[PDB]
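Figure: methotrexate in its bound pose on Dihydrofolate reductase.
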2 protein chains.
Amino acid sequence: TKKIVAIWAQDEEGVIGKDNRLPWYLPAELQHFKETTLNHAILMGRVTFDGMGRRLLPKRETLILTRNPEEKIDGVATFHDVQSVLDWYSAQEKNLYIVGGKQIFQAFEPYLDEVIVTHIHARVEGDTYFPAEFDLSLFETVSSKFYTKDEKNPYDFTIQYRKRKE
Amino acid sequence: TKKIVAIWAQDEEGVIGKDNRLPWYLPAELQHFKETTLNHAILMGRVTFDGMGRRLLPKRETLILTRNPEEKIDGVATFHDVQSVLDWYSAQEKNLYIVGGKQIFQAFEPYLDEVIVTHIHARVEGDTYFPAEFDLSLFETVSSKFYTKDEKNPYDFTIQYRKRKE
Ligand SMILES: NC(=O)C1=CN([C@@H]2O[C@H](COP(=O)(O)OP(=O)(O)OC[C@H]3O[C@@H](n4cnc5c(N)ncnc54)[C@H](OP(=O)(O)O)[C@@H]3O)[C@@H](O)[C@H]2O)C=CC1
Ligand SMILES: NC(=O)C1=CN([C@@H]2O[C@H](COP(=O)(O)OP(=O)(O)OC[C@H]3O[C@@H](n4cnc5c(N)ncnc54)[C@H](OP(=O)(O)O)[C@@H]3O)[C@@H](O)[C@H]2O)C=CC1
Ligand SMILES: CN(Cc1cnc2nc(N)nc(N)c2n1)c1ccc(C(=O)N[C@@H](CCC(=O)O)C(=O)O)cc1
Ligand SMILES: CN(Cc1cnc2nc(N)nc(N)c2n1)c1ccc(C(=O)N[C@@H](CCC(=O)O)C(=O)O)cc1
């Protein structure tokens, strides 16, 4: 039942970030993020955390990965290496969602059970892309859904759930 | 020539914020913001400062308004009340841009020489509205320009420059 899942959103070319934030705004996609991670743990890099104004998502067990030994935010648990997070994960039952920052996605690739990827049907300008060396072939699409754009969500997008091929 | 200017962006209903961020993403509008405030000073409330990850913008003198006893913060100047900012402003020659936070906009409205308002032609969900306690009759629109929507900027928007008359 328990698993480590990577979840991210990207444009048509793999863009995931710009100026420490996301180069788009789609409340409906954020809603999907909320429903998926609700009542679970999420691990994000220190940069992405600061990028979102250090906001603590309600009903989410927030885990921050940093190399700063003096880093200490109230409301969140700090981790300084991958092994530490894996030990934490094994000592509990909740699913663990790798939520972001290209470096974090790269660091956890070997331990991923599944990926939930949102393909935004648009092309934007970004300075950070999903890891091009990430081997998505080891995964298989189990389900997906198309979300039609509207006033508040200017770009169409699709969400795919892909499990690790046996 | 020097003056105190308020700059902000709002949707058709006056929405300026949602969950401590701006409910939209328009690189061309952010480029506009940079062109306007570049090489000058900008004053933002502590909330907004936190909201953008304490990210210090380049070629900008950042001023933070807060009641927090702290005498200083980052590579920024800390102020503890409205009058303090106005006095600092009087002792120098650069234009002062009031850039954000509903409370900060409201606090400096009586001292504004000009407003530069971006009118985003769309309706989005906000939890923070521009504090419109301005006697509009006091200002005159010198000009406004239109920016047609495109792939990276999904909403049309108009930037209006208004100066205090009489
Ligand atoms: N589109 C999407 O789905 C998402 C996009 N993003 C975007 O991606 C960009 C951020 O990505 P990125 O720049 O890679 O930053 P990350 O979010 O990956 O964070 C990087 C930081 O994590 C810490 N870190 C990294 N590796 C380790 C390690 N092995 N051990 C301990 N600490 C480590 C360090 O923090 P420290 O420097 O403190 O030591 C490092 O600076 C932003 O634009 C963000 O908005 C983020 C999430 C999702
Ligand atoms: N659309 C746009 O153009 C912009 C929108 N925004 C949005 O506005 C929202 C934030 O607005 P708001 O919540 O009002 O926060 P503000 O950014 O206005 O910051 C408020 C804080 O400033 C300090 N402060 C306020 N008044 C005084 C005073 N008289 N003397 C000393 N310090 C004072 C306090 O900080 P402390 O609590 O530390 O004492 C107060 O909590 C966010 O959603 C943000 O995204 C922000 C900028 C632009
Ligand atoms: C920057 N950032 C990270 C971010 C954004 N979108 C993503 N989208 C996906 N698919 N995957 C991610 N890792 C992801 N990460 C953010 C920023 C804000 C919120 C946020 O406010 N989320 C609300 C939901 C907002 C809503 O319901 O519209 C929540 O409670 O989770 C989440 C992630
Ligand atoms: C949240 N926030 C405040 C914000 C955003 N847009 C605004 N837009 C207007 N017109 N007025 C404001 N006061 C305003 N404030 C931000 C967030 C990021 C950047 C920013 O990255 N600015 C870069 C430009 C980034 C870009 O060109 O993409 C700069 O150097 O000014 C500015 C303000």
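Chain letters run alphabetically, one per sequence line, in listed order. So for chain A, numbering is the PDB entry's, and the shown residues are 2-167, in order. The numbering of chain B matches the PDB entry: 2-167, in order. The way this entry was determined, per its header, is X-ray crystallography, 2.0 Å. No hydrogens, no waters, no symmetry mates; every other heavy atom, side chains included, goes into these values. Just follow the structure's listing: the first ligand is 1, and inside any ligand the first atom is 1.
In this structure, the ligands or chains belonging to methotrexate are ligands 3 and 4. Other chains contributing a heavy atom less than 4.0 Å from an atom of methotrexate (ligand 3): A, B.
For methotrexate (ligand 3), the residues with heavy atoms nearer than 4.0 Å are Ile8(A), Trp9(A), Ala10(A), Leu23(A), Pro28(A), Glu30(A), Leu31(A), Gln32(A), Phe34(A), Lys35(A), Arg56(A), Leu58(A), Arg61(A), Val100(A), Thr119(A), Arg22(B). Atom 25 (C) of methotrexate (ligand 3) has as its closest protein heavy atom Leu31(A) CB, 3.5 Å.
Protein heavy atom closest to atom 1 (C) of methotrexate (ligand 3), with residue, atom name and distance, is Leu23(A) CD1, 3.7 Å.
Nearest protein neighbour of atom 2 (N) of methotrexate (ligand 3), counting heavy atoms only, is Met53(A) SD, 4.3 Å. At a 3.5 angstrom cut-off on N or O pairs, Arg56(A) counts as close to methotrexate (ligand 3). For methotrexate (ligand 3), the polar-atom distance check against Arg61(A) finds a nitrogen or oxygen pair separated by under 3.5 Å. At a 3.5 angstrom cut-off on N or O pairs, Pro28(A) counts as close to methotrexate (ligand 3). Scanning the protein heavy atoms around atom 22 (N) of methotrexate (ligand 3), the nearest turns out to be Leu58(A) CD2, 3.8 Å. Closest protein heavy atom to atom 8 (N) of methotrexate (ligand 3): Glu30(A) OE1, 2.8 Å. Scanning the protein heavy atoms around atom 11 (N) of methotrexate (ligand 3), the nearest turns out to be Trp9(A) CA, 3.2 Å. Close N/O approach between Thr38(A) and methotrexate (ligand 3) is not found [any backbone or side-chain N/O within under 3.5 Å].
In terms of protein heavy-atom proximity, atom 13 (N) of methotrexate (ligand 3) is nearest to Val100(A) O, 2.6 Å. Atoms of methotrexate (ligand 3) found under 4.0 Å from any heavy atom of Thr119(A), numbered from 1 in the order shown, are 10 (N). In terms of N/O distances under 3.5 Å, methotrexate (ligand 3) is approached by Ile8(A). Considering backbone and side-chain atoms alike, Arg22(B) places every N or O at 3.5 Å or more from each N or O of methotrexate (ligand 3).
For atom 27 (O) of methotrexate (ligand 3), the nearest non-hydrogen atom of the protein is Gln32(A) OE1, 3.2 Å.
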